[PDB]
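So, a structure with calcitriol in it.
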Amino acid sequence: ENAXXXX
Amino acid sequence: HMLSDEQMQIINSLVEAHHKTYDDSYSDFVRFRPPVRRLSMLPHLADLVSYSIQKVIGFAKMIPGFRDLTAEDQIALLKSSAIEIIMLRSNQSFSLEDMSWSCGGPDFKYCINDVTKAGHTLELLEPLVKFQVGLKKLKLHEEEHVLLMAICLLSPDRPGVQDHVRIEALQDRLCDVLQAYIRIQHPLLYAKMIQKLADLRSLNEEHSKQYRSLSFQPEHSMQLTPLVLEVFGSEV
Ligand SMILES: C=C1/C(=C\C=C2/CCC[C@]3(C)[C@@H]([C@H](C)CCCC(C)(C)O)CC[C@@H]23)C[C@@H](O)C[C@@H]1O
């Protein structure tokens, strides 16, 4: 999954 | 004895940042997993803290200069200070009359007993409540409250920080704003506020200690959120 990308 | 236009705009930016990221109605709390009273309060408080971490991220992004830092520096600052900013920002819901955090209704009123049902002991909750009392007695203006949060977040002495000089220069400018604000508005408070930052370090330590015992039990770590696991985790 696309998790620090909430920078 | 006068606040500069840039210093005034820094305060305006921070107050506006806090208003955009702190909802006094607490109407979003109904979307958390419900509180119930083996660690019955962990799901609700995990959602509460996870929700608050995302608010702290939005607040940090609106701090003047924070966006100019590298992505790695922004993440390192937030990871290390998130629990402290949450403890600071929670003073707005803390009440000396109740000695608890009141967030609109009895379902969302959190006392020490509630947090023990989330895996934490009095070794953390007692100093945390004593901290909330001492901070509440300072009667900080909203300007001082948000400046203290920005100063806490822009601390240069945090694990994983690369550009220590640039971050300290940003924090130093925030401290000069706070000192100039206090001199104008309060004809000792600054030393009291700086002391609270040292208190937050001790609370950060004890929470990290107790979070490790919590997160090392698979039955409990799986009740946390992805954001909580990443921010409070030891991953570098
Ligand atoms: C969130 C905020 C609020 C209360 C903060 C509290 C009350 C309950 C217990 C808390 C959440 C402490 C707990 C020790 C944190 C434990 C989290 C975990 C279980 C993952 O280890 C830290 C702050 C305390 C409400 C509102 O002020 C927003 C603020 O933003």
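Chain identifiers are assigned alphabetically from A in the order in which the sequence lines are presented. The residues of chain A that appear here are 1-3, 5-8 by the PDB entry count, in order. The residue numbers of chain B are those assigned by the PDB entry, with the residues present covering 154-190, 251-400, 404-452 sequentially. Structure determined by X-ray crystallography, 2.0 Å. Start at 1 and go down the list; that is how both ligands and their atoms are numbered. Only this structure's heavy atoms are used, side chains among them; waters, hydrogens and symmetry mates stay out.
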>> Could you peek at this structure and say which chain has the most contacts with calcitriol (ligand 1)? A name from UniProt would do.
In response: Vitamin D3 receptor A
> Which other chains are in heavy-atom contact (under 4.0 Å) with calcitriol (ligand 1)?
Replying inline: B
> Which other-chain residues or nucleotides lie under 4.0 Å from calcitriol (ligand 1), by heavy-atom distance only?
Replying inline: B/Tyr175, B/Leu255, B/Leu261, B/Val262, B/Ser265, B/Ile299, B/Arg302, B/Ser303, B/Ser306, B/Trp314, B/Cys316, B/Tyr323, B/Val328, B/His333, B/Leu337, B/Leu341, B/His423, B/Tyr427
> Considering only heavy atoms of B/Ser306, which atoms of calcitriol (ligand 1) have at least one such atom less than 4.0 Å away?
Replying inline: 25 (C), 26 (C), 27 (O)
> Is B/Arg302 close to calcitriol (ligand 1), meaning an N/O of one under 3.5 Å from an N/O of the other?
Replying inline: yes
> N/O to N/O below 3.5 Å, does that happen between B/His333 and calcitriol (ligand 1)?
Replying inline: yes
>> Looking at atom 5 (C) of calcitriol (ligand 1), tell me if a protein heavy atom falls under 4.0 Å from it.
In response: yes
> What atoms of calcitriol (ligand 1) come closer than 4.0 angstrom to any heavy atom of B/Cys316?
Replying inline: 25 (C)
> For atom 23 (C) of calcitriol (ligand 1), which protein heavy atom lies nearest, and how many Å away is it?
Replying inline: B/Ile299 CG2, 4.1 Å
> Tell me: protein heavy atom nearest atom 12 (C) of calcitriol (ligand 1), and distance?
Replying inline: B/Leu341 CD2, 4.0 Å
> Which protein heavy atom lies closest to atom 26 (C) of calcitriol (ligand 1), and at what distance to 0.1 Å?
Replying inline: B/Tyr175 OH, 3.4 Å
> Which of the UniProt domains in chain B holds the largest share of residues touching calcitriol (ligand 1)?
Replying inline: NR LBD
>> So if I count the atoms of calcitriol (ligand 1) from 1 in the order they appear, which ones are less than 4.0 Å from some heavy atom of B/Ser265?
In response: 1 (C), 2 (C), 29 (C), 30 (O)
> Looking at atom 3 (C) of calcitriol (ligand 1), what's its closest protein heavy atom, distance included?
Replying inline: B/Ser303 CB, 3.8 Å
>> I'm curious, which organism is chain B from according to the PDB?
In response: Danio rerio
>> Looking only at protein heavy atoms, which one is nearest to atom 9 (C) of calcitriol (ligand 1), and what is the separation?
In response: B/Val328 CG2, 3.6 Å
> Which residue owns the protein heavy atom closest to atom 15 (C) of calcitriol (ligand 1), what's the atom, and how far is it?
Replying inline: B/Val262 CG2, 4.0 Å
> N/O of B/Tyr427 under 3.5 Å from N/O of calcitriol (ligand 1), yes or no?
Replying inline: no
> Considering only heavy atoms, which residues of chain B annotated by UniProt as calcitriol-binding lie under 4.0 Å from calcitriol (ligand 1)?
Replying inline: B/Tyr175, B/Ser265, B/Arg302, B/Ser306, B/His333, B/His423
Write none if no such pair exists; otherwise list each N/O atom of calcitriol (ligand 1) with its protein N/O partner under 3.5 Å and the distance.
| residue | atom | partner | partner atom | Å |
| --- | --- | --- | --- | --- |
| calcitriol (ligand 1) | 21 (O) | B/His333 | NE2 | 2.8 |
| calcitriol (ligand 1) | 21 (O) | B/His423 | NE2 | 2.9 |
| calcitriol (ligand 1) | 27 (O) | B/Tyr175 | OH | 2.8 |
| calcitriol (ligand 1) | 27 (O) | B/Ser306 | OG | 2.8 |
| calcitriol (ligand 1) | 30 (O) | B/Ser265 | OG | 2.8 |
| calcitriol (ligand 1) | 30 (O) | B/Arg302 | NH1 | 2.8 |

